[PDB]
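Here the structure is laid out as structure tokens; the discussion comes afterwards.
A note on names: the letters A, B, ... follow the listed sequences, proteins ahead of strands, and every chain is numbered from 1. Note that these values count all heavy atoms, side chains included, but never hydrogens, waters or copies made by symmetry. Per the header: electron microscopy, 3.5 Å. Only a slice of the deposited entry appears, and the contacts counted are all within that slice.
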Amino acid sequence: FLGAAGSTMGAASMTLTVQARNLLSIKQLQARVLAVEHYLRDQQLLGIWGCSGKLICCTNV
Amino acid sequence: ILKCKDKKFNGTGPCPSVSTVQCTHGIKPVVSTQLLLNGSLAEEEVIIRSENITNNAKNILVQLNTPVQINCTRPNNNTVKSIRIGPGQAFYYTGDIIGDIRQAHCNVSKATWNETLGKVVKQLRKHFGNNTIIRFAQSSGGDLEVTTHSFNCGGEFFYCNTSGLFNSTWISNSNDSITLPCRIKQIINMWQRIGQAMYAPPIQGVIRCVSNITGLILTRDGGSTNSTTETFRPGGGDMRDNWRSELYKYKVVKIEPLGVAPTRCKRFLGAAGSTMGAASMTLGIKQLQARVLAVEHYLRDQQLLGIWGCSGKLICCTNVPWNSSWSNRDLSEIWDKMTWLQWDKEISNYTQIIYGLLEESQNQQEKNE
Amino acid sequence: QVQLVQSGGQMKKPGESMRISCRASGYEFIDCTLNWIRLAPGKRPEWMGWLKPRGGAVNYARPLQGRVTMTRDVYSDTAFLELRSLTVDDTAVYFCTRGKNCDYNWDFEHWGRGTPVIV
Amino acid sequence: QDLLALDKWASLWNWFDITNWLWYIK
Amino acid sequence: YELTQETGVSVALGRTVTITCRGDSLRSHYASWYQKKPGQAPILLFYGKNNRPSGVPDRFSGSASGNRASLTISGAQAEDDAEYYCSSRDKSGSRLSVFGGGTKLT
Amino acid sequence: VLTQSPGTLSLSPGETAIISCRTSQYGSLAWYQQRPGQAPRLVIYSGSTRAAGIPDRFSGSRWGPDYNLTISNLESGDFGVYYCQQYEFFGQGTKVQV
Amino acid sequence: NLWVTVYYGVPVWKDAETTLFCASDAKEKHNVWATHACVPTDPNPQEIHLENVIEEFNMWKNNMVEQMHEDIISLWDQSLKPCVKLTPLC
Amino acid sequence: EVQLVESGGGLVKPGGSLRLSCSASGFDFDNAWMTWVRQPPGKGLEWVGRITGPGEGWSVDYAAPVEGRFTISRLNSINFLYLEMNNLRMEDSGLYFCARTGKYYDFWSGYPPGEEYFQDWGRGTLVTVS
Ligand SMILES: *[C@@H]1O[C@H](CO)[C@@H](O[C@@H]2O[C@H](CO)[C@@H](O[C@@H]3O[C@H](CO)[C@@H](O)[C@H](O[C@H]4O[C@H](CO)[C@@H](O)[C@H](O)[C@@H]4O)[C@@H]3O)[C@H](O)[C@H]2NC(C)=O)[C@H](O)[C@H]1NC(C)=O
Ligand SMILES: *[C@@H]1O[C@H](CO)[C@@H](O[C@@H]2O[C@H](CO)[C@@H](O[C@@H]3O[C@H](CO)[C@@H](O)[C@H](O)[C@@H]3O)[C@H](O)[C@H]2NC(C)=O)[C@H](O)[C@H]1NC(C)=O
Ligand SMILES: *[C@@H]1O[C@H](CO)[C@@H](O)[C@H](O)[C@H]1NC(C)=O
Ligand SMILES: *[C@@H]1O[C@H](CO)[C@@H](O)[C@H](O)[C@H]1NC(C)=O
Ligand SMILES: *[C@@H]1O[C@H](CO)[C@@H](O)[C@H](O)[C@H]1NC(C)=O
Ligand SMILES: *[C@@H]1O[C@H](CO)[C@@H](O)[C@H](O)[C@H]1NC(C)=O
Ligand SMILES: *[C@@H]1O[C@H](CO)[C@@H](O)[C@H](O)[C@H]1NC(C)=O
Ligand SMILES: *[C@@H]1O[C@H](CO)[C@@H](O)[C@H](O)[C@H]1NC(C)=O
């Protein structure tokens, strides 16, 4: 999951998946709907920037 | 919700005639103990259901293909009076009786009930020997909810003896009414719980009902080997046994739309019974938890489609080759002879392996490099 | 923890009646079936009947119908067996038993201490 | 944009037109 | 049919005899002829007007007599005799390779 | 409906005891042991599965309607009275002695 | 030779236990068995008959009955909650 | 060994529809194009239609009675030739055959589109309307 967090970049890029898979993995309803809201906000923000995949986009900024 | 439409289905085992729905039919929560009232009737003949018909502890559920009408009344012309017992509270109680007191009772047509018992005996003789004498007797014991047919009628709660309905022996080869005495109880404890009860207020006037007996609950005595006769007594058992007579058709199924298959490209629930390939081209608070779960499940599938490099829908080719060890029929048969369910069974134990290989380990080679 | 504390041990004459008790503990008494078993030396163990609380439904063995009664107190969690008419043949030790997993009643994992009755 | 264009090797494309000037030129 | 045919012929168990099938479009196109014993998979006796595919009976012979595609069967085998079929384009220039039915070799 | 092997079976400690119970009816079959002066215990359940706390020495089953219980390496705690239950029934009851 | 292909929408179902919502017809909101909160029902339910397929049912072990029993008890208690207590009647 | 196992179709009212599949394994499905033909039981083979080569148009040509009735498709990924037959009449029946069409042409006697041949067929699949 958070393994390679203290590792250098590039080597840790191969672990990007283990971060995206584990997002979204009455109190329980509140917590899970909050997680859904965060994940969906993140995906909307990624889509606005021109992305659709969970891997790297490199753009023109 | 899958439902078995096989007319002779007896509760367990394969069902060749399956349909799918989103909602069950209207089920009346009818509360009754020995005889199941209203509900739904069998289509062809009387159906006997038991988890193990030879087991003496499991209740036998009988479903009738025809109703037996059961009228019931509370003769008493009962006038209710109410008093105030506190701020904003009123206690309702029987004021008095005008006419003769009389007794509550039920009527079951004698010839119809005898014919129904004949049908039940005919069915029971299939599960047991064909030379066995089938004896119907009254309930052997228990509290008033079990020993007596307990039900609701017009707001009152009737408890009827039913010793006149199950009083017979059946050897292996008009217009009269069987009158069942019935008592009325105002202090009620349904779904018997330690420390809870209800006071059912009396209903003014005379009460009558008309209802269909559509099922029975029976229990065998057993314990003897040489007797040659089987005694079937009514028994209330548990209240769940009522709704087992109504939800016997239905089974809830989770939908798992995702699948993987071998193919030569490298980048509704209909037709479930149709083989693959043909199917490919052919294709209050409870409600809130319920909708939320679906949303999560939806995103879960999309999340998988996110990491597999398939942002599209329906079909996508991927760059992981098919290992021969993953149950290989060579692709001529799997897509012709085998259904999706069977294929899923074939690779269920291996599924996490392909999910592992289709993970972004492949898409790091394909999208980052 | 499942413990059936059985109580009795009364010497009786022929023709009289007997009653013994079995208090349940550990498990919820209401949602699990009880059975009554008799063991006599040199004889088959005879199953006498079963009692389901939550309704107190009873099934008596066919040889003993009319002579055996089983009732219960839900609030004391105590099943009661009674025999109306004993004989010399009723000499036996009586056991109050419970299924190993009530879903299936006929696995008598739990037994009482045993109540000898001599006639 | 199904498998169409996924495997694109066509030098003898439009055979029902390759016929139309196979021997007509002759 | 457009590729008109013969109902059938008879056999002598050792004959070298022809069976025919008419239809103008064949004068413009090539010819196709098949063998189909009932209850079995049909085979192709001739691939093209002047050529036959591998595995064809060696005794089989004959190519064509114009729009009356005719071919000869030699060394008449009783089991083999079965029935045979005809086909070619229905209109000159069209792609509809009509199946012009067949002949009872009998 | 249920029958058993001879009830006077006598073995010293250490040998293998074979107890045969024949059953006429279908159903899950359990094996019970009764010590002297104590209540019976469930030894085998569902034909072949041992109860919790029972050593591995108690085992055995048979597909057909002739179940066999094998008791290898008897200790002093064994040598009780053995019964074979099928639903309500228990059979004659066979004693194991020295 | 062969490549893994991902098909979404495959007709593969696995058994399960989940939550289910009441759906009545129209409804005097004085019925003990009415929560006055069940979505309207479908006038034309989408009952889809399947092709040839055998499904192993077991009415004795499904969770629809347990869930219905729990729902019925909860609904009855909910109905009885705002009513007279009859403590001084003993 | 080009096995052509075609399995589909059955009893149906005069008006209706159905869906026949023709598997194929042991050759190059990806470019070689295929045909369907019908043989009504009291009749000989009659030509139905044929998908065109992928890259040769990828289109279909129906037959004189069948035009507007049937439809042909191929999923080359799974080597399957599907035929949807809809808006049925009563003469529609028989052991419907699926075969692998070929392309044949030569000079001298050249004429477009030339001719094709049905080498490797399937076993057969009965369809009968009532
Ligand atoms: C099995 O189904 C049958 C058929 O539906 C069912 O019998 C029906 O019972 C109801 C409830 O008692 C009856 O409806 C009553 O009928 C009379 C008509 O005059 C009225 O007295 C009643 O209205 C009074 O009570 C209402 C409260 O329930 C008040 O809102 C109202 O103001 C009145 O005070 C009430 O409408 C119905 O008539 C019968 N059906 C027949 C054909 O007789 C039976 O009860 C079901 N089985 C079981 C076990 O419940
Ligand atoms: C009553 O309970 C029993 C046991 O729980 C149910 O299953 C029965 O189990 C026995 C084995 O204990 C099956 O025996 C089988 O018989 C044949 C012999 O040729 C063979 O197929 C197997 O090797 C096996 O020995 C028995 O068949 C099986 N009963 C059924 C009907 O399948 C039993 O079903 C329950 N009784 C009912 C539902 O009536
Ligand atoms: C009734 O249950 C038995 C097993 O007890 C099963 O074999 C049988 O198929 C069931 N009947 C039907 C019609 O499915
Ligand atoms: C019930 O009463 C109706 C009239 O209300 C009558 O027609 C019917 O016969 C009665 N049923 C029986 C079983 O007597
Ligand atoms: C019921 O019918 C049986 C024959 O099926 C007959 O012997 C019996 O006497 C009848 N009983 C009554 C009470 O009419
Ligand atoms: C039903 O009537 C019989 C008549 O013998 C009687 O013994 C029995 O106690 C009655 N049932 C109840 C619950 O009182
Ligand atoms: C009960 O008796 C009263 C006496 O006034 C009468 O008005 C009323 O109609 C009676 N009720 C019934 C249901 O017969
Ligand atoms: C009893 O069943 C019949 C036949 O299905 C039905 O017409 C009738 O309405 C039912 N009676 C009641 C009171 O619901």
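Ranked by contacts, the chain bound most extensively to chains C and F is, in the PDB entry, Envelope glycoprotein gp160.
Located at chains C and F, the drug is listed as VRC01. Other chains in heavy-atom range of VRC01 (under 4.5 Å): B. A heavy-atom cut-off of 4.5 Å gives the epitope of VRC01 on chain B as B:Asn52, B:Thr54, B:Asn55, B:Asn56, B:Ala57, B:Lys58, B:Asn59, B:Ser140, B:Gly141, B:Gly142, B:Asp143, B:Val146, B:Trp191, B:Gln192, B:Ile194, B:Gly195, B:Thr219, B:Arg220, B:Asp221, B:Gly222, B:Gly223, B:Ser224, B:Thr225, B:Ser227, B:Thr229, B:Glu230, B:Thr231, B:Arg233, B:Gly237, B:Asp238. The heavy-atom paratope of VRC01 for chain B at 4.5 Å reads C:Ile30, C:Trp47, C:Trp50, C:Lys52, C:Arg54, C:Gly55, C:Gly56, C:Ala57, C:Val58, C:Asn59, C:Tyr60, C:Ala61, C:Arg62, C:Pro63, C:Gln65, C:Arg72, C:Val74, C:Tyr75, C:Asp103, C:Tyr104, C:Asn105, C:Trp106, F:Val1, F:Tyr87, F:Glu88, F:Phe89. In the deposit, the organism given as the source of chain B is Human immunodeficiency virus 1.
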